[PDB]
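Quick look: cyromazine on Pteridine reductase.
The sequence lines fix the lettering, A, B, ..., with proteins before strands; numbering per chain opens at 1. Whatever order the structure lists ligands and atoms in, that order sets their numbers, starting from 1. These numbers come from the heavy atoms of this one structure, side chains and all, not from hydrogens, waters or symmetry mates.
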Amino acid sequence: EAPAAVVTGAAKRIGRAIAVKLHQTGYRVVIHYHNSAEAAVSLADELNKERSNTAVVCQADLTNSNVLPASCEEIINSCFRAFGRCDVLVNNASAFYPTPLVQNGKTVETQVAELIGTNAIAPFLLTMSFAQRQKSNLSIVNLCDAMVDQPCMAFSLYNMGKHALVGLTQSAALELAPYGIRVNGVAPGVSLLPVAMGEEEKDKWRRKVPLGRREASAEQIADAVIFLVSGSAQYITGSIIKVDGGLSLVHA
Amino acid sequence: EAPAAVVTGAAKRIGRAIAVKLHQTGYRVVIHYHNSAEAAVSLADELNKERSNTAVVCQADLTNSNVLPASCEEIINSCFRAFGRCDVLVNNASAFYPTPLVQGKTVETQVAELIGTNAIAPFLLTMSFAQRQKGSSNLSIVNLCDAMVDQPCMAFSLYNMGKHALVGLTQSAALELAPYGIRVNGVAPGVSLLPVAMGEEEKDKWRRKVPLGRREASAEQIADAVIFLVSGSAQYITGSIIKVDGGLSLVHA
Amino acid sequence: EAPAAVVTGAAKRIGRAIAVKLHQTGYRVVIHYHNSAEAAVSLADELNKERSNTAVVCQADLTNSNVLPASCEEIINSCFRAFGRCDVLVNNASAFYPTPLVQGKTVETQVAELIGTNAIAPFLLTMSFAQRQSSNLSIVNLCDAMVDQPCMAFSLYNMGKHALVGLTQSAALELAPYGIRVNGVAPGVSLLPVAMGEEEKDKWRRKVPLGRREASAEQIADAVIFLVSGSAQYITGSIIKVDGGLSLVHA
Amino acid sequence: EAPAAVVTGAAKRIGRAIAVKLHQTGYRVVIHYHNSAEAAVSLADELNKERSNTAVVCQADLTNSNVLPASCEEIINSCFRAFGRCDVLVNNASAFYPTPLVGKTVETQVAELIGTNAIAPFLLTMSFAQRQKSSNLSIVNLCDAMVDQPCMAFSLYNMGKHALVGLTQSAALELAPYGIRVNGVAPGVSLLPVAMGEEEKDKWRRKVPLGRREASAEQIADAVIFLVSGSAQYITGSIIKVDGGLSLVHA
Ligand SMILES: NC(=O)c1ccc[n+]([C@@H]2O[C@H](COP(=O)([O-])OP(=O)(O)OC[C@H]3O[C@@H](n4cnc5c(N)ncnc54)[C@H](OP(=O)(O)O)[C@@H]3O)[C@@H](O)[C@H]2O)c1
Ligand SMILES: NC(=O)c1ccc[n+]([C@@H]2O[C@H](COP(=O)([O-])OP(=O)(O)OC[C@H]3O[C@@H](n4cnc5c(N)ncnc54)[C@H](OP(=O)(O)O)[C@@H]3O)[C@@H](O)[C@H]2O)c1
Ligand SMILES: NC(=O)c1ccc[n+]([C@@H]2O[C@H](COP(=O)([O-])OP(=O)(O)OC[C@H]3O[C@@H](n4cnc5c(N)ncnc54)[C@H](OP(=O)(O)O)[C@@H]3O)[C@@H](O)[C@H]2O)c1
Ligand SMILES: NC(=O)c1ccc[n+]([C@@H]2O[C@H](COP(=O)([O-])OP(=O)(O)OC[C@H]3O[C@@H](n4cnc5c(N)ncnc54)[C@H](OP(=O)(O)O)[C@@H]3O)[C@@H](O)[C@H]2O)c1
Ligand SMILES: Nc1nc(N)nc(NC2CC2)n1
Ligand SMILES: Nc1nc(N)nc(NC2CC2)n1
Ligand SMILES: Nc1nc(N)nc(NC2CC2)n1
Ligand SMILES: Nc1nc(N)nc(NC2CC2)n1
């Protein structure tokens with residue numbers, strides 16, 4: 001039977017490109033989403049029209065809280081309920097906004113919980129449930145960030161979250177290797193910029209990229225995910241592949 | 001007059017060595033602690049006997065919660081209320097225990113303790129530190145990281161994530177606070193003082209792995225690096241993390 | 001027509017797997033070799049049998065010397081002479097032996113072999129590659145996942161491989177505006193040396209988290225292939241470890 | 001008796017600050033130099049005037065060649081011959097100039113950039129260690145905070161410095177059992193010459209988060225002194241950046 005993947009925040013942009021390419025490759029997918037219900041359900045309908053009963057949606061807030069463990073356990077469960085298995089987990093869902101150390105109107109506790117939750121704690125709880133329920137080509141891939149060591153100004157909690165994700169990637173690769181589960185990452189630099197991003201705001205970041213002076217397409221990021229879930233990456237674990245067009249190599 | 005430092009989890013071991021060496025260099029210290037009240041107060045007594053009105057304690061749980069911002073603000077406030085200033089912050093307090101992904105604390109609690117103490121508390125401490133400064137000294141922060149974060153212990157995933165996060169704060173905060181004159185750096189031990197309840201056989205197993213001396217670092221050795229980072233000899237150093245590991249991270253499996 | 005690749009030290013083991021997998025995907029290959037002439041020609045014969053006029057050999061010492069630039073120029077030239085083009089360069093050739101700091105080769109020779117093959121040849125090859133330029137041009141450098149946790153007494157090897165990391169980054173940066181991508185593949189324990197004891201091979205194997213076994217040469221070639229493919233067209237400056245978790249294990 | 005250090009390229013700028021600062025802490029210094037004879041001798045004079053018989057000069061080209069091993073052995077010998085001991089070695093001498101991949105020859109570009117930044121440091125380390133085979137022995141290597149985000153067209157330089165990182169780790173590992181520590185100090189922008197363009201110097205200074213300015217040579221030397229000091233007795237294989245946050249700034 002066909003394998004199954006969970007992709008978090010999979011309704012739009014890069015998560016969608018991931019889920020669609022996995023689907024194109026023959027996976028059944030669970031499309032996790034948070035606020036993007038229309039796009040999530042429109043996407044699962046598109047994929048089910050191509051192959052009946054191959055896409056399902058699952059809503060969940062991945063903000064850290066007393067209930068996050070249960071939410072993540074449920075996301076994994078949806079995959080098993082629908083498809084009877086879970087072969088792959090893509091941690092793509094991520095909050096990203098500035099959190100100045102020195103003075104949007106959220107509280108710091110809410111900043112902490114949204115940035116560290118989505119980027120690190122949820123990934124960890126998802127990995128925990130993924131692993132527990134494995135009772136093959138099993139693997140996890142985490143959406144990281146090529147610029148963690150040269151981070152954006154005032155994005156300390158985001159950056160802290162992505163660095164945590166790299167440590168989860170290494171820690172989880174180490175511990176789950178004996179269960180046959182590989183754990184790896186893909187680290188974009190500038191990929192899709194918000195549709196909002198005034199077309200010349202984009203170019204300020206686009207002009208910085210040595211390979212092409214353009215952002216990555218979502219499909220280019222997904223290509224790396226697909227490679228890491230594939231049988232061509234069977235020996236690869238604990239690895240994080242940057243797909244940044246050289247941007248992290250560019251000095252100030 | 002004399003500058004002041006906040007040292008978290010300062011009641012024993014490495015934190016204590018840091019607070020003692022900073023005191024010996026002329027700092028007034030706030031000795032934060034969580035459960036170690038008798039050691040915290042015994043230490044402040046010793047330092048105030050050496051120089052009156054130079055050491056104060058501050059109890060606070062740094063587990064993550066909706067009140068942790070408030071606790072961290074208070075820690076900083078206790079330094080200003082005692083000493084009228086806060087010149088350095090050492091983020092040393094840290095929970096450390098295994099959190100297996102698979103095969104009595106709840107995971108919510110495992111998360112809140114390991115991520116709180118190792119990362120979120122340091123972030124919040126740093127925010128309160130920075131907000132309380134003026135907008136005229138050698139202001140800096142030092143974070144106690146971990147040399148082994150890229151080759152971590154088996155089943156310590158939450159701890160490791162906390163330390164990696166600390167690394168990212170170090171960088172992020174160095175970048176953001178450099179314009180305020182506030183340097184931010186790290187010291188990354190390997191094996192320093194060891195558990196109370198591990199056998200000499202297991203302590204010897206870790207010791208044998210250290211290329212420089214086949215021995216763990218003394219707490220004073222770690223403190224030496226902190227002192228360097230706070231000193232005027234490191235005034236251009238920010239965003240840097242100094243490993244003090246006797247080569248242990250260079251040893252392959 | 002078909003693209004062409006240069007693969008250094010391609011006569012056996014990992015370089016052979018790279019050149020065969022490249023050939024299997026439709027590339028014409030230059031099989032560079034140094035001492036392994038019988039295996040080089042035997043491989044080019046096997047590939048030309050499968051597809052006539054698709055494999056050629058090229059002998060060259062990649063020890064550092066004042067003629068090394070010329071050797072590396074010739075390697076690239078062989079590719080253009082045979083196939084009219086050069087689309088891919090795989091820097092696989094490498095010397096590897098201990099060079100203790102507290103000690104039959106002289107140190108001048110240890111330096112020239114370990115630094116030349118693992119770093120300066122690669123640099124010179126990439127220069128020649130670049131100067132000689134629809135397409136998907138890229139370079140893949142064979143690095144080593146253990147550079148930060150190196151073997152005892154292999155300082156010149158390790159320096160070579162760390163230098164290869166730097167070329168990777170520096171070349172990626174500089175050649176990106178010419179459309180040329182530059183990336184690496186960093187094995188841990190892959191094929192073991194035939195002169196190793198089976199007992200000492202097993203000791204390294206038992207260290208690998210993922211399978212307690214060394215990588216096959218094919219498994220390394222897979223990652224090279226990915227990097228040269230159209231699926232990696234935004235990837236440059238990147239080095240992919242293929243080590244089964246070996247570098248994440250503490251002492 | 002006072003300890004002795006060798007500092008390479010010590011006639012001017014950062015090497016000079018290192019030597020001066022070591023001298024100020026009670027070391028006898030061997031001031032190595034290449035072309036800067038008048039500054040080397042003028043410095044040794046100043047230091048000897050302060051404390052008689054505590055500074056000596058030693059000329060050597062550190063470009064890679066057949067004779068580099070010998071030259072590096074002599075540099076170490078000059079310290080033993082003058083002072084009867086050698087306790088620290090600072091590898092500061094370095095060539096730095098562009099080497100585009102697309103008036104010197106490439107063979108000479110290779111020998112100067114890789115020799116000064118890497119191979120000489122290795123050979124010095126080898127001689128240092130062999131001559132040893134209370135006491136605080138260490139080596140400190142001048143690295144470069146920007147090796148992972150290198151300057152455009154400085155391939156060979158960057159390869160050199162990455163190599164130096166590798167030697168640092170490899171030597172730390174191998175020499176730790178002899179009690180010899182090996183560490184590095186990684187500047188970002190420190191002294192920029194007043195001959196370099198005010199616009200281009202301003203671009204660089206404006207990029208530094210901490211102060212919008214270059215490090216003084218003395219600030220770099222401070223980090224060297226820390227690492228040689230008894231306050232760094234457990235530190236080995238570590239490289240300390242002294243870059244004012246410059247390497248944390250994205251493009
Ligand atoms: N685009 C880039 O240049 C770039 C660069 C570096 C790294 N990355 C990484 O690549 C990934 C994908 O990037 P993207 O730009 O496609 O991401 P994005 O659009 O900003 O976010 C992806 C998804 O995250 C979900 N999300 C946000 N908050 C959530 C919450 N509290 N709970 C559950 N889900 C939540 C959203 O779901 P809903 O809309 O359904 O609410 C969203 O569709 C992320 O991991 C990101 O950090 C991207
Ligand atoms: N020892 C080592 O080999 C080693 C190795 C690598 C890195 N490090 C790093 O070096 C630092 C110091 O190490 P160490 O061994 O001295 O540390 P430790 O003894 O394990 O912990 C130091 C203190 O942290 C405080 N702490 C724990 N949980 C807390 C909480 N929830 N709220 C507030 N405080 C809490 C405790 O204070 P109370 O006792 O008062 O409760 C404890 O005494 C740590 O940052 C560590 O991660 C140490
Ligand atoms: N095998 C591993 O576990 C492993 C681990 C980490 C990294 N790697 C890296 O992966 C790549 C291939 O590894 P491998 O194990 O296949 O390597 P290998 O067999 O040791 O080397 C491949 C070829 O290197 C060539 N070579 C050696 N000295 C040369 C010289 N002076 N001039 C020109 N060519 C020379 C040889 O060519 P000839 O026989 O024709 O003379 C040899 O067949 C290398 O870059 C290696 O450093 C391998
Ligand atoms: N200044 C900076 O912003 C900066 C930034 C990053 C890293 N660094 C690193 O820090 C160190 C000191 O830098 P700096 O700028 O003071 O250095 P520098 O002026 O460029 O060079 C230092 C000395 O190296 C010696 N040297 C050059 N070529 C040589 C050769 N072929 N043989 C022997 N010696 C040779 C020269 O000595 P003679 O004058 O006697 O010929 C020179 O005075 C270097 O390791 C450097 O790469 C500096
Ligand atoms: N790094 C990152 N992380 C998230 N979650 N979202 C985004 N969106 C980018 C601004 C387009 N980027
Ligand atoms: N917080 C922390 N971090 C590490 N690595 N080790 C320790 N060890 C102490 C015995 C508890 N504590
Ligand atoms: N060139 C190279 N590099 C490594 N790491 N390993 C090997 N193994 C070959 C059998 C010696 N070769
Ligand atoms: N990185 C480096 N290395 C050397 N030797 N010299 C320099 N000089 C810079 C122009 C001040 N930079």
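- Within this structure, cyromazine can be identified as ligands 5, 6, 7 and 8.
- Other chains making heavy-atom contacts shorter than 4.0 Å with cyromazine (ligand 7): C.
- Applying a cut-off of 4.0 Å to heavy atoms, one finds the binding site of cyromazine (ligand 7) to be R13(C), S94(C), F96(C), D144(C), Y157(C), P193(C).
- Residue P193(C) has at least one heavy-atom neighbour below 4.0 Å for each of these atoms of cyromazine (ligand 7): 10 (C).
- Checked by distance only, cyromazine (ligand 7) and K161(C) stay at 3.5 Å or farther apart across all their nitrogen or oxygen atoms.
- Nearest non-hydrogen protein atom to atom 4 (C) of cyromazine (ligand 7) is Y157(C) OH, 3.3 Å.
- In the vicinity of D144(C), heavy-atom distances shorter than 4.0 Å reach the cyromazine (ligand 7) atoms 5 (N).
- The deposit credits the origin of chain C to Trypanosoma brucei brucei.
- Ranking the protein heavy atoms by distance from atom 11 (C) of cyromazine (ligand 7) puts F96(C) CD2, 3.8 Å first.
- Looking only at heavy atoms of the protein, atom 8 (N) of cyromazine (ligand 7) is closest to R13(C) NH1, 3.9 Å.
- Contact atoms of cyromazine (ligand 7) toward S94(C): 1 (N), 2 (C), 3 (N) (distance under 4.0 Å to a heavy atom of the residue).
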